[PDB]
Asks: 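Structure incoming, see below.
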Amino acid sequence: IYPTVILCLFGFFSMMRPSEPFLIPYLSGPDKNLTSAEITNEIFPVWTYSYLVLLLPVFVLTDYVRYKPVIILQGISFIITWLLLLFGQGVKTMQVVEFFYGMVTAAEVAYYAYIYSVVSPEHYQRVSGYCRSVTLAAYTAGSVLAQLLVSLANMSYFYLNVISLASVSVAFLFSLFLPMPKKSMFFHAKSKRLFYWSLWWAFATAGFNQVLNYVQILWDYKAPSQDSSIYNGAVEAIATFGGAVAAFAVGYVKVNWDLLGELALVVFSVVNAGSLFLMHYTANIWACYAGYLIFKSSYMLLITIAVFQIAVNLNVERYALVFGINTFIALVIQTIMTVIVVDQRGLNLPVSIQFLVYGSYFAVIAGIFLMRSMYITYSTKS
Ligand SMILES: Cc1cnc(Nc2ccc(OCCN3CCCC3)cc2)nc1Nc1cccc(S(=O)(=O)NC(C)(C)C)c1
């Protein structure tokens, strides 16, 4: 009745942010005057470190304090992040906003744990799917709004950032009076083949997060971002719509998975690597846009399948206890690969080269997972 509507409106107004599609074009513009090397190699890598640091503390804080204060914390973190994007000028200030965005992403778990904590035991997946769909629709509508406003009204990215601050303010106001849960999930004390799909999910989502962290900066290299020649809002709206319809198509089609799940996963990883190589090698911005859509759709198929083979035979209380470990492994892998690749203390690689590395990473994951299926040679050779 009431708590679900409050959470739905909070999620919609939090996710609806026209600033995010045009972030690096706004950061690498006259408003901030930040070179691409600075954002690529000093500012953005801080997000992965902040998220990895804050994952587990936020994970236990959500459980301990009954999931509402962490939602208000995410709201005030949104407030601070977008206020400091609106009124911040400096590499250190942008590292701070990256830390606060990592805090936002870490605290996002509360928005979904509160759902299980407050809804009736009769069903959880229905309201969880509605909440996820409302967040996705909010993001898509925000991207389309940003694209339309930029294209028609000639409206600067400062005004879009203002709109995002207003939206997150309304979201925080809505999260102010969420009813309190009366129970926690595992505030008490705490198959082997699941290790396969856990590794699949961890590696694929580490690659996806690291790719998304720098897709826009790659778009910046092909065409002048500070000009109006870019189409980030429409492109990212189409990308998230394609990802959503792709994740739904996996449920629309009901095929056996215990037989060809690994084959589907390796095929999708191969397509991911191909899309990344298309992004890296091409010279046209539209080819990179199409590669982004293809990669997002293929990764969404891959992760929908991987989450199915983890969640079919898992308890609802163990869903969180397993996905927390899986995303911790994913963040460990992403932080290691970022320190080796992106961070200035490592190789200081421009985004014009990072995407070859990402495509090779996906290709190597697919190849090694196929090679682990080495039992083909032993049985066939008799
Ligand atoms: C306003 C702002 C401030 N700091 C950041 N840092 C940042 C940029 C790109 C990132 O890659 C996404 C990695 N994973 C993070 C969550 C899902 C994907 C992660 C962090 N992004 C910002 N906007 C933004 C730009 C491009 C993509 C994203 S997002 O994918 O992470 N946003 C959601 C779709 C998850 C809502 C957000």
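For the single chain, residues carry numbers from 1 onward in sequence order. Method reported for this entry: electron microscopy, 3.0 Å. Note that these values count all heavy atoms, side chains included, but never hydrogens, waters or copies made by symmetry. One-based numbering, in listed order, for ligands and for the atoms of each.
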Asks: Please pick from milbemycin oxime, flopristin, fedratinib the compound located at ligand 1.
Replies: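 Here it's fedratinib.
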Asks: Look up in UniProt the name of the chain making most contacts with fedratinib (ligand 1).
Replies: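 By the greatest number of contacts, it's Thiamine transporter 2.
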Asks: I need the residues around fedratinib (ligand 1) for a figure - heavy-atom cut-off 4.0 Å, please.
Replies: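 By heavy-atom distance, those residues are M15, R17, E20, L23, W47, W82, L85, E98, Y101, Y139, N209, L212, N213, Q216.
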Asks: If you number the transmembrane segments of chain A the way UniProt does, from the N terminus, which of them put a heavy atom closer than 4.0 Å to fedratinib (ligand 1)?
Replies: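 Segments 1, 2, 3, 4, 5, 7, UniProt numbering, each with a heavy atom under 4.0 Å.
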